[PDB]
Student: 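This structure is in structure tokens; I'll ask about it shortly.
Order of the sequence lines sets the chain letters (A, B, ...), proteins ahead of strands, with each chain counted from 1. All ligand and atom numbering here is 1-based and tracks the order in the structure. In what follows, every heavy atom counts, from backbone to side chain, and hydrogens, waters and symmetry copies are set aside.
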There are 2 protein chains.
Amino acid sequence: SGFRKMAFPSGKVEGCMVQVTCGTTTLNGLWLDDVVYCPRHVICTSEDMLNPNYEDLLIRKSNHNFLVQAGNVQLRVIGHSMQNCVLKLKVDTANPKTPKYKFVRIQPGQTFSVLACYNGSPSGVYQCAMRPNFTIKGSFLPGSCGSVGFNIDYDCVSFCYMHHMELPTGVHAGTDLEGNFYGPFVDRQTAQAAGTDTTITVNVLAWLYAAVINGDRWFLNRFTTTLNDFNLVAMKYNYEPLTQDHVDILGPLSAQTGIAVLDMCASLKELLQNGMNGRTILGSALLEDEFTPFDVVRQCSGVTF
Amino acid sequence: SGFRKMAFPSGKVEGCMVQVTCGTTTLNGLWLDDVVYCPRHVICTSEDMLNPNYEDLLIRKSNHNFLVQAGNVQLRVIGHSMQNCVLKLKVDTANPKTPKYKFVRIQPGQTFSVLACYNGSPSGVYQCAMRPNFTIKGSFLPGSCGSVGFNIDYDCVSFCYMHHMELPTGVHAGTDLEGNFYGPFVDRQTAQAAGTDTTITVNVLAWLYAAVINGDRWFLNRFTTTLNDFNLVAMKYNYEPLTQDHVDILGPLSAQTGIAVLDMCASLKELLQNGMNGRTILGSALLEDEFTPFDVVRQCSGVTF
Ligand SMILES: *[C@@](O)(CO)[C@H](C[C@@H]1CCNC1=O)NC(=O)[C@H](CC(C)C)NC(=O)c1cc2c(OC)cccc2[nH]1
Ligand SMILES: *[C@@](O)(CO)[C@H](C[C@@H]1CCNC1=O)NC(=O)[C@H](CC(C)C)NC(=O)c1cc2c(OC)cccc2[nH]1
């Protein structure tokens, strides 16, 4: 039993974390096979960051301009290409620690593990969720650019995020491993705001099932609601609408506890209208939306990786 | 910026997790060099765990009664012995992924990272804190015995916890890597109850320092107390008394903010006596206690490994 914010074991990613230096800028790279992936603004100077023409700046660079570091071993760049905001540095040596990998673009509401890195060395691992406004509530310091977000299925690591910047509100934005930004953000040194951030509803419902599975039942009530009537109240409190797919995903959680999904919705409806009155749920004074139904099932059901 | 629970990179510990089977019972083991460490109750069947005589059970066990597997590959046991509640199995092969390691016994309040494992395959990693009643509020499922808790100091990995059981209350208990239980618990199929939990006072002070390092400093009292006077008032609110390593460990955080430890102690006593009056600190208004002063230094500074 128990329920913690759990990230995937990071060992498969640590073997790919390298250091990419170009000029006087240093960030992190992901060394898969004979390619090294890193944010493209490593090639930028301090003056270039304001308004960078990247294909312009990239054409003015060469292979020997990039300093790639893997441990205490300098990796030689034998070629360079650019895919959106991601730089691709081909090297002479392949990574023996390359796992089975894939490049996916997660949908908002999904979760992934972040391996915070500085100068190509892993600092810490933690779990994030892609918020509906395509930002993440991460923990990043200058030099964390190039850190990747990931999920592991069987022995396959599915990369989905690369860190790029920090918004003025403390949240963070980045790209997938193809270079496409999550959200309306761009890789320039400007103050960028995001859209209004809604609450991932189906994540809150799975979190409540996790509390019931762990013996916390103070929030349940003897009422039920229709899917539309719940979405009507949920929309009023800036919650994403619950879909028939979301209800289907919560199926196993409803089966284990015997509480219908539409029953849990009446509890979340009550919680939004009345508050928690100073009590806690799973030790939290707030409604938590950073756990997917899989995250709860993989913990509470007993699934292992 | 961004502050959240952050676990150590689990790669170095991943390469030390193995499977230990005795008859029909399977748990997890820690393989460092040519010795595998695991809970001693692996030599038990279902009815053996009720009232086990561990010295009498080990006398009827041989080296070939032990199945040690790295993945699916078996490591032959060339020697077995017992230290308290852990089992030591000498293996014919030395682990090439063995890092520089240590066996340490941590104090209630210190944090570590748990790498949850099932059948020798790491499942997830999360940060825990040792509660003052010597339990941990973990997240374990059947087959998780042998999962280790650890801290990383530079290139050294310090092992400090080996999981053993789950209390009726939902929390968990275990031993260090020397076999000695944390608390008054024993490895048996017995209903065991921990003592009354308290708040890790040194950890809320580091968290208040973490808030001061950022924006929130609204709770600064401009008052002081003696170490003795605060300890007497803190115990009246189910808070742990401050020891000596507590005051000295808060040193770097006090020098960074210029706010003395005893000055911060009076700010916290003001928050215990009159509450927070609907004000929030670092987001959640719940007085977090699972961040050590190192967790603040390590996160706010970007210490890598
Ligand atoms: C990378 O590590 C550098 O390659 C760095 C990581 C973030 C900054 C510190 N903490 C982080 O998460 N990324 C940046 O510094 C980026 C630069 C590229 C072009 C994206 N810039 C920002 O994150 C940034 C710039 C500004 C700003 O200007 C003006 C004004 C307000 C906020 C802001 N964030
Ligand atoms: C290990 O996997 C056993 O190898 C197992 C892990 C716990 C069980 C599931 N989740 C866990 O954290 N450990 C145990 O089963 C131990 C075995 C002891 C050390 C011999 N037992 C318990 O954790 C346990 C026993 C009892 C109990 O009795 C009956 C009554 C109430 C709670 C309880 N927990």
Student: Any chance you know which drug is at ligand 2?
Tutor: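 The drug there is PF-00835231 (bound form).
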Student: Per the PDB entry, what macromolecule holds PF-00835231 (bound form, ligand 2) with the most contacts in this model?
Tutor: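 The chief chain, as the PDB entry names it, is 3C-like proteinase nsp5.
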Student: Hey, which other chains get a heavy atom under 4.0 Å from PF-00835231 (bound form, ligand 2)?
Tutor: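 Other chains, by heavy atom: B.
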Student: Taking heavy atoms and a cut-off of 4.0 Å, what residues surround PF-00835231 (bound form, ligand 2)?
Tutor: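 Within 4.0 Å (heavy atoms), the residues are B:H41, B:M49, B:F140, B:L141, B:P142, B:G143, B:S144, B:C145, B:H163, B:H164, B:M165, B:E166, B:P168, B:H172, B:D187, B:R188, B:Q189, B:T190, B:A191.
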Student: I'd like to know the UniProt domain of chain B that holds most residues touching PF-00835231 (bound form, ligand 2), can you help?
Tutor: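 The UniProt domain in question is Peptidase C30.
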Student: Just wondering: which UniProt active-site residue in chain B comes closest to PF-00835231 (bound form, ligand 2), heavy atoms only, to the nearest 1 Å?
Tutor: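 Nearest UniProt active-site residue by heavy atoms: B:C145, 2 Å.
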Student: What residue-atom pair is the covalent partner of PF-00835231 (bound form, ligand 2) as deposited?
Tutor: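 The covalent anchor is B:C145 SG.
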